[PDB]
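Reviewing the structure listed below.
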Amino acid sequence: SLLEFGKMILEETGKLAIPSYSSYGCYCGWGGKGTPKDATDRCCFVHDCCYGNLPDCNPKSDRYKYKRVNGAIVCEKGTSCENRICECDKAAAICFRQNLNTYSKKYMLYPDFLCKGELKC
Ligand SMILES: CN1[C@@H]2CC[C@H]1C[C@H](OC(=O)[C@H](CO)c1ccccc1)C2
């Protein structure tokens, strides 16, 4: 679920999902179009594609379970949708962590008109 993803993001990065990642660049928090602005935005692009691989799943609301094995995220078995959603979220949280070194506040609340063009998954 979105709330679980937000908790995972905070655990991983030390940043609150809202507002650090809810309106960032062209793909974080609201998706759509444009060339991703930087590595963090590319994490969101891929996360959006990942959810897009699951047409008949409901990532915003469906809850999954996971544990930590030392720092590692381990998705625990639930329904097939839950397992796949968890793997999408885990990857995005790791990606955000890997790209904190280039996170830029200038991309928070990024305006929609600066995001044009389709980028295929
Ligand atoms: C799980 N749902 C999909 C359709 C709305 C959502 C979120 C999707 O893509 C996103 O993760 C983005 C954030 O990057 C998002 C946009 C708008 C609302 C919630 C999430 C796929």
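The PDB entry numbering applies to chain A: residues 1-14, 16-56, 59, 61, 67-86, 88-122, 124-131, 133, in that order. Every number for a ligand or one of its atoms is a count from 1 in the order of the listing. This deposition comes from X-ray crystallography, 1.2 Å.
- The drug at ligand 1 is atropine.
- Here the macromolecule with the greatest number of atom pairs within 4.5 Å of atropine is listed in the PDB entry as Phospholipase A2.
- Among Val47, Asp49, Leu55, the residue whose heavy atom lies nearest to atom 12 (C) of atropine is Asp49.
- Under a heavy-atom cut-off of 4.0 Å from atropine, the UniProt Ca(2+)-binding residues of chain A that qualify: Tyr28, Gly30, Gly32, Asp49.
- Those atoms of atropine with a heavy atom of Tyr52 less than 4.0 angstrom away are 1 (C), 7 (C), 8 (C), 11 (O), 21 (C).
- Residue-ligand proximity, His48 to atropine, at heavy-atom distances under 4.0 Å covers atoms 11 (O).
- Of all the atoms in atropine, the ones that sit under 4.0 Å from a non-hydrogen atom of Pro68 are 1 (C).
- In this structure, atom 5 (C) of atropine lies nearest to the protein heavy atom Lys69 CE, 3.1 Å.
- The source species given by the entry for chain A is Daboia russellii russellii.
- Between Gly30 and atropine, at least one N/O pair is under 3.5 Å apart.
- Looking at the UniProt active-site residues in chain A, the one nearest to atropine by heavy-atom distance, rounded to 1 Å, is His48, 3 Å.
- At a heavy-atom cutoff of 4.0 Å, atropine is contacted by both the backbone and the side chain of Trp31.
- Note: an N/O pair closer than 3.5 Å links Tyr28 and atropine by distance alone.
- The binding-site residues for atropine (non-hydrogen atoms, 4.0 Å) are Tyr28, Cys29, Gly30, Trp31, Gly32, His48, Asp49, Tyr52, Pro68, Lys69.
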Which protein N or O atoms sit under 3.5 Å from any N or O of atropine? Give atom names and distances.
from, atom 1, to, atom 2, distance (Å)
atropine, 9 (O), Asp49, OD1, 2.9
atropine, 11 (O), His48, ND1, 3.4
atropine, 11 (O), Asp49, OD1, 3.0
atropine, 14 (O), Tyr28, O, 2.7
atropine, 14 (O), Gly30, N, 3.2
atropine, 14 (O), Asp49, OD1, 2.6

